[PDB]
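Structure containing oseltamivir carboxylate.
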There are 4 protein chains.
Amino acid sequence: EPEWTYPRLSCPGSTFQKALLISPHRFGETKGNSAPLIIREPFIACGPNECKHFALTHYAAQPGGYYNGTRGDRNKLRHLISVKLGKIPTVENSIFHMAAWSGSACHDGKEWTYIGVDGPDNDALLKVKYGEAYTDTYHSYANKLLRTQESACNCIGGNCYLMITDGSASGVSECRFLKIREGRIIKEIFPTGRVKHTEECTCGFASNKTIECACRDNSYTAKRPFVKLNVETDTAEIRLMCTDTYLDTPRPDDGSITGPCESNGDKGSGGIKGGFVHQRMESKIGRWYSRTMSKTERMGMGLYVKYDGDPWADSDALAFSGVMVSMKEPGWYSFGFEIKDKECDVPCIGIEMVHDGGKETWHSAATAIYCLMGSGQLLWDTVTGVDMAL
Amino acid sequence: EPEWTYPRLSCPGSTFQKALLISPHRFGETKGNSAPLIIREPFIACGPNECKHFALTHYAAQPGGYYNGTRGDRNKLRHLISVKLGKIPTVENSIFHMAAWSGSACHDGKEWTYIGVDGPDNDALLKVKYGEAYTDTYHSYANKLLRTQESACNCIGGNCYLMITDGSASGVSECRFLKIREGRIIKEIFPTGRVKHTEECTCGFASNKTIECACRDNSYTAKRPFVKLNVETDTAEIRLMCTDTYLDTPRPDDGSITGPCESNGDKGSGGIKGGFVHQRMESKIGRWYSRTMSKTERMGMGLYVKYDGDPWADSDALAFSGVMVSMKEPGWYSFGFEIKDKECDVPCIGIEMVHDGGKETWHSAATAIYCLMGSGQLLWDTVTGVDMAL
Amino acid sequence: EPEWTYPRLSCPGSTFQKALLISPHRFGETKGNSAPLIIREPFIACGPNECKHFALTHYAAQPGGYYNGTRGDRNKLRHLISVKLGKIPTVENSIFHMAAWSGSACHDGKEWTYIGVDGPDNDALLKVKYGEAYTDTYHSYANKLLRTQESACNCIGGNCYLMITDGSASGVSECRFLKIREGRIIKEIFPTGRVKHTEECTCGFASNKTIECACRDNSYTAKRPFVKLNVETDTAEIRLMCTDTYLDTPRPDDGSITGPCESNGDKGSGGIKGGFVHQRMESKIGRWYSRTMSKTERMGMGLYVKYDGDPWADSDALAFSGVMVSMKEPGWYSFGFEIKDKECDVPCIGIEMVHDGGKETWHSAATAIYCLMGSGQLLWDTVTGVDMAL
Amino acid sequence: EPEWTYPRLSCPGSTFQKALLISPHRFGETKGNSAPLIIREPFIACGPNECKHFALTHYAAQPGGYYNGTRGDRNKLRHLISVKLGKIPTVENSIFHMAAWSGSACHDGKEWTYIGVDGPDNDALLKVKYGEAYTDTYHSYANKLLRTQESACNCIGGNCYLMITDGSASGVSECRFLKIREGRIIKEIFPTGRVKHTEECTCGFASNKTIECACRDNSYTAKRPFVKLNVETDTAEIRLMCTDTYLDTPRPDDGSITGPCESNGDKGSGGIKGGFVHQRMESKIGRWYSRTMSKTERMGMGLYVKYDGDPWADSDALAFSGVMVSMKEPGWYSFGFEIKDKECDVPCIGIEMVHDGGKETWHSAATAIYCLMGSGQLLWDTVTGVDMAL
Ligand SMILES: *[C@@H]1O[C@H](CO)[C@@H](O[C@@H]2O[C@H](CO)[C@@H](O)[C@H](O)[C@H]2NC(C)=O)[C@H](O)[C@H]1NC(C)=O
Ligand SMILES: *[C@@H]1O[C@H](CO)[C@@H](O[C@@H]2O[C@H](CO)[C@@H](O)[C@H](O)[C@H]2NC(C)=O)[C@H](O)[C@H]1NC(C)=O
Ligand SMILES: *[C@@H]1O[C@H](CO)[C@@H](O[C@@H]2O[C@H](CO)[C@@H](O)[C@H](O)[C@H]2NC(C)=O)[C@H](O)[C@H]1NC(C)=O
Ligand SMILES: *[C@@H]1O[C@H](CO)[C@@H](O[C@@H]2O[C@H](CO)[C@@H](O)[C@H](O)[C@H]2NC(C)=O)[C@H](O)[C@H]1NC(C)=O
Ligand SMILES: CCC(CC)O[C@@H]1C=C(C(=O)O)C[C@H](N)[C@H]1NC(C)=O
Ligand SMILES: CCC(CC)O[C@@H]1C=C(C(=O)O)C[C@H](N)[C@H]1NC(C)=O
Ligand SMILES: CCC(CC)O[C@@H]1C=C(C(=O)O)C[C@H](N)[C@H]1NC(C)=O
Ligand SMILES: CCC(CC)O[C@@H]1C=C(C(=O)O)C[C@H](N)[C@H]1NC(C)=O
Ligand SMILES: *[C@@H]1O[C@H](CO)[C@@H](O)[C@H](O)[C@H]1NC(C)=O
Ligand SMILES: *[C@@H]1O[C@H](CO)[C@@H](O)[C@H](O)[C@H]1NC(C)=O
Ligand SMILES: *[C@@H]1O[C@H](CO)[C@@H](O)[C@H](O)[C@H]1NC(C)=O
Ligand SMILES: *[C@@H]1O[C@H](CO)[C@@H](O)[C@H](O)[C@H]1NC(C)=O
Ligand SMILES: [Ca+2]
Ligand SMILES: [Ca+2]
Ligand SMILES: [Ca+2]
Ligand SMILES: [Ca+2]
């Protein structure tokens, strides 16, 4: 007391609804007096008492004089930052956790674990922080580019599970899982199955026995690699999601990849991190996913659901369950997380809405949140409200 | 540790006095360095330990570049925000609770309940949040425009009661009440009586048995619909206030509506949300109300009181208690709320003082507060001090 | 637990030293990005866990557009505000307690009592707040200008004692004391003796039996009225301080008021609020006082001490104990307060250092703090560092 | 509940890695909206629950109008400030602890002790604060310039140990140590041995019996004076570090100082505060140190280590562990500190990275942090990212 936390049955509900928008650049005008941080790759993770809104900053504000380089991914300035969910992530409201150009975090019931990867591309370093204390590291194993989830890690009974990967962006990237306890890496887990390229896994609990993840293959396919990780045996297997509703971007037309479930198909090169979250019921499991409305561009974001079945074997379309972001608006990375009610867990999906005007201006993002709430159908979409000219 | 709260006897006193002004736009000059949020529909709710100042933001600051649209009511950016009462609601001080263009909130003794309506006009959606967790929703039942109080909900023994309404702004809007316990709707209450238009109810406890509300009829009368809700039987009845002192704006001359108490009279179309709060004594009930100084414009705010009687039956004029805002200053929405002293409750009325310069400039509000304190007569009025040209 | 607090023996020490400067206008440049509040009449009060830095704001920031009127004393915008001692009192860091143009506050061991006077000059109103709750008021008794200390009130065993006064600035102003318990006025105390003009009393505990105050006579003398208030009998007597070291400004030459201790003497018109704090030892009492270095202008601030004797009867000079502010710098109001160490109390004097460029610019103040610490002599003076042109 | 803290065994690890950069002036552009404080002499200290980032401010922000004087050391405006480690030290985020132009701080397990020296050069004064209470002072003993560590003090079983010194910058400065318990000085410690110039000691626990410090000789040598302080007997001895790897700046070529360990050698005048921190193992002690990459300029910062031996006697070169700051970036003061994990202590070194544009512009610093974490080799360097023209 505090005790370790475990996944619980989800709170009652049958549809997602628009919850909250964090749009810091609504206050970034030259005519204004604010200092929203320039960020990308936001995610959210919650503990028993609060939710934290994380991102990777370029250590620059709007308005400001350091826009050059903010459309790049890795440099010596990027840091993992957070605010309490609902606060605007400005220079003063934010806290800087560690130097990082790839990140994750999660709460185990007693304390926060923070994860940050930095260093040179060919010998990068994963760093683990438990509360205030730097407690461990893990090294690049392919010497191409070590990296992690860009979303919440997952803790059960004090054991926090985390995807890492290393490899070429356009070739092989075989992922691993780390088992981390009170900030220290106590096991490495080497998945079996379809392992040729797995990155940016969005993971969560299907049950007390099983973690599942929906990931990105940046090289070979528009189907998402789907991880099943058994936390009783510490073993993992990966296969492609068979659904006709391909969740990557870019992607070919739904159902158009012919042959069996493992077939790679066309337009596999490139990709995007995708939302995935679980609705755990007594004898039923809802799997909720998001994908861009556009097949080729990072525009729009749609929500989908399927109950039960085996995602490795089932070609049936996921059920469309609403436009979270219309195709007129940006829809970039998406992620899952869960908010802890008094006796049950609330599944949510967050959406990174990038403000992209190219390399000659600033480059950052808003965060939209949708959560399971009540019944019926999803009723309204999200806009950032930002005019990049101001 | 902690216990559910109940209404208590009011603290001793016999007059209201000027307490506190929150005027964020005193700091919004182009020459300044601050970021007060552009808001409307402020209200206040208190729990056992603190009071919170809530409002509906347009997700824009002064100074800034997003003034266009701030004189409108509903859009995809409006959010329910709060600060601790006494803090200036700026970009950084504020917390964003949820997307909402109509709102409410209340503390039950253990935790905050937050209420926000958003969605499209014909199928809007009321959302309930308990602490950090989104917990329930309620649907549009007239498909016209679902909406709520714009003031505090009211909790007793863990059951929080909330007015909602749905229907045409210039036609029929039959309200209902929701009973919400730990974030979930456990009962609907369908009022009887004079029900054809009730909105923006300002509600409080007359006793442990009864909640009363003074509301707005936007279509048919300048008399306020007056709700009596029995919390023991979970039933409600509504009739017009019979007092000659018509509390709406616009309104005709006092007492000039002829016929029985239910007669509607002249200047019924249009309206304004009105202040109302109870002073609960051992063998006596005081009802305190506010209305604009102008009969037809949102200018000034006067305080009135009457002890005992039946508001449905008594045509007696309310006793004029003093000028809270001069007819030279804006007087828009007003609301009641109660502060928890150690052993008794302090009744207060808040006043929204809108800065209205038309649709070619920014549109926002200050919040003035008067509370029951000491004896004698009300001594001083409130100004916003804001020059909209700066 | 929390229990009521009482004055304790003072911590060991024999000289004051420079502790801390709060100079918010060091960040008020047009070239800067900050919002220090425009204030005057600062004071400090501490409880068992923290110290609060209070002041009276004009509800305006530097830089800003509302400088006009900030060299005035009373208006409908002035408010009592505070920050945690050590924080810069800006728009966002501060909290607004109540509308007030005269103020006081104190902690009783369990909760804060806040005191604010506002209203029209001829019928002003003292308002009492206990925590968040407005709990009582007190009315003007001379209908000239009700006002209070502009420094900490004093609580013992739950009873908080407060000076109020009412009367002409250039004639009679007979003060009273209020005894306030958990926010409610439970006794009025009418002093005897030399009562013709007593205002802006700076008060503290000489012992568990006695509160003493050093006050301002704005009409008749440059000697300070000295209150002795017996908290066992709730009786008070006032006589002039007899010391040759006249503490008011303006003042004639030291010792130059001829005749007995009660003689008024010359240059009595005008005045200033003066610092006074107690050093309580086992069989000895140190009385520490401050006065401007200039006899006629609000420039400089010197510290003085005398041990034992009767301030009503003793003409001996107070011992000069250091320049806190040189005559080159502003020295306006001064006040006493005590910080609570684990087992003993630390006496301190604070100094308002007003930035005065006349009525055509902004008008505000810094706060300097000196406290009893160690042995020897007071070693360094304080400057605000502010160039009013920036 | 709570207990006094003691040094514990260090957490497992064998290399340092880049942890965190605090670079406030990334947000100080004329085009921006922030107010980073102008500071120098940053350090860090941690207690059982949080780490605090301390520095000495010139009481001025960037952008602003008070740059003149910010390249000086001592004045009446300098103050010791802090934020929680990871927050940007701005006007509003920071807390001002006391007036000080030399500083230290440390947590004893129950409460913070804050140390600040101010006053005139010939009779300066060290002030001790415990929590909010000013509790003691210490006087100048050489009347030249009393000063302290500019890094964390060290507490064991409630006794906090602090280096102080006094004397000429280019002549003799014989240091002493103070033993402070709950804010009060309970013992003086007068070192023996090589005492002619010791300042800016960076100190830590070698064990429960022994504190060690690596210090600056500004007059006579580029070898660092090295303190061994026995906390059981409260006595101290000092001798020069014998290592060929001279840690001061300026310095001659490594190993080029001929003669016995106490020989002073070439380029003795001038100096810099140096990083030093212990890695305490069961049967082994690691000593980690930092020095600039340039022999003569404050450019770059390299990390070094040696296990066991006697630093007074061993001429052996320290093992070069990696580049923390490239010779293209500023490397000024460095310091050691330790973070408290649940059951072990994590050693770190911090680096002040001064933005030096000469006396015609602003002068301030970023703070970079490296900590022991994992195994392998140190992988990445730190840049401030600041363009002083913006
Ligand atoms: C997973 O296992 C945990 C731990 O056993 C379950 O949590 C327990 O649930 C039971 C039944 O509600 C309670 O009596 C215990 O107090 C819970 N302990 C906890 C949360 O620490 C949890 O229900 C399981 N999750 C599932 C089935 O999804
Ligand atoms: C409404 O009911 C509540 C609950 O019974 C009353 O609160 C109690 O008041 C009594 C007498 O003052 C106290 O001894 C109890 O401790 C209170 N109980 C709780 C749980 O708070 C309250 O007084 C009633 N209010 C009115 C207006 O009658
Ligand atoms: C004034 O009276 C208070 C209350 O009696 C005294 O505080 C007590 O002091 C004794 C002796 O140190 C302690 O044992 C008690 O625990 C104290 N109780 C408290 C503070 O609540 C205080 O010492 C007296 N002040 C004087 C003599 O200046
Ligand atoms: C220094 O001494 C402290 C105090 O004895 C040691 O802390 C104790 O360590 C033991 C064994 O790990 C624990 O069982 C105790 O609970 C600790 N006591 C306290 C009061 O903390 C510490 O281990 C010693 N450090 C070194 C480096 O030897
Ligand atoms: C090049 C590797 C990887 C997969 C393409 O690039 C990611 C793609 C990104 C993207 O597609 O938007 C942004 C990520 N921040 C980046 N990750 C890292 C660690 O740089
Ligand atoms: C249009 C319905 C209703 C009655 C006219 O409008 C309200 C009136 C308002 C008003 O009269 O000032 C402002 C309210 N924000 C608005 N409410 C909503 C939900 O839009
Ligand atoms: C006119 C009454 C009183 C005594 C002169 O004036 C005070 C003097 C002041 C002064 O001498 O600086 C400032 C005080 N804020 C003012 N008090 C009030 C309540 O207005
Ligand atoms: C003048 C004495 C001392 C040694 C040269 O100067 C220090 C050197 C400094 C330096 O070498 O950068 C900066 C320090 N802030 C300063 N300390 C004080 C107390 O002024
Ligand atoms: C930044 O742009 C400058 C020109 O403005 C160019 O020299 C440099 O290569 C750019 N660097 C990065 C990392 O984009
Ligand atoms: C404000 O927005 C409306 C609706 O889009 C548009 O018609 C109008 O031109 C805008 N006003 C200005 C000043 O741009
Ligand atoms: C403020 O100054 C204006 C002119 O700038 C003048 O009309 C007015 O009287 C002033 N008011 C006060 C209260 O000083
Ligand atoms: C800075 O201050 C010094 C000392 O007062 C003065 O000599 C110099 O002229 C000042 N510099 C500028 C640019 O004003
Ligand atoms: Ca792909
Ligand atoms: Ca009407
Ligand atoms: Ca006088
Ligand atoms: Ca040297």
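The sequence lines are lettered as chains in the order written, beginning with A. Just so it is clear, chain A uses the PDB entry numbers, and the residues here are 76-465, in order. Quick note: numbers on chain B are straight from the PDB entry, i.e. 76-465, in order. Going by the PDB entry, the residues shown for chain C are 76-465, listed in order. The numbers used for chain D are those of the PDB entry, and the residues that appear cover 76-465, in sequence. Each ligand, and each atom within it, is numbered from 1 in the order the structure gives.
For oseltamivir carboxylate, the full set of ligands or chains is ligands 5, 6, 7 and 8. The chief contact partner of oseltamivir carboxylate (ligand 8) in this model is named by the PDB entry as neuraminidase.
Chains touching oseltamivir carboxylate (ligand 8) with a heavy atom below 4.0 Å, listed by letter, come to D. Near oseltamivir carboxylate (ligand 8), within 4.0 Å on a heavy-atom basis, the structure shows D:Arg115, D:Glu116, D:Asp148, D:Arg149, D:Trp176, D:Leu220, D:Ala244, D:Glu274, D:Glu275, D:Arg291, D:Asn293, D:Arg373, D:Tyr408. For oseltamivir carboxylate (ligand 8), the polar-atom distance check against D:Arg373 finds a nitrogen or oxygen pair separated by under 3.5 Å. Given atom 5 (C) of oseltamivir carboxylate (ligand 8), the protein heavy atom at minimum distance is D:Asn293 ND2, 3.3 Å. Oseltamivir carboxylate (ligand 8) has a nitrogen or oxygen under 3.5 angstrom from a nitrogen or oxygen of D:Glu116. Residue D:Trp176 has no nitrogen or oxygen atom sitting less than 3.5 Å from a nitrogen or oxygen atom of oseltamivir carboxylate (ligand 8), judged on distance alone. Against a heavy-atom cut-off of under 4.0 Å, D:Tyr408 is close to the following atoms of oseltamivir carboxylate (ligand 8): 7 (C), 8 (C), 9 (C), 10 (C), 11 (O), 12 (O), 13 (C), 14 (C). By the 3.5 Å distance cut-off applied to N or O atoms, D:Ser177 is not counted among the residues near oseltamivir carboxylate (ligand 8). Heavy-atom proximity to D:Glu274, at under 4.0 Å, picks out these atoms of oseltamivir carboxylate (ligand 8): 3 (C), 4 (C). Interface of D:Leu220 with oseltamivir carboxylate (ligand 8), defined as ligand atoms under 4.0 Å from a residue heavy atom, comprises 1 (C), 2 (C). Nearest to atom 6 (O) of oseltamivir carboxylate (ligand 8) among the protein's heavy atoms is D:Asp148 OD2, 4.3 Å. On a distance-only criterion, D:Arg222 and oseltamivir carboxylate (ligand 8) share no N/O pair closer than 3.5 Å.
At a 3.5 angstrom cut-off on N or O pairs, D:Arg149 counts as close to oseltamivir carboxylate (ligand 8).
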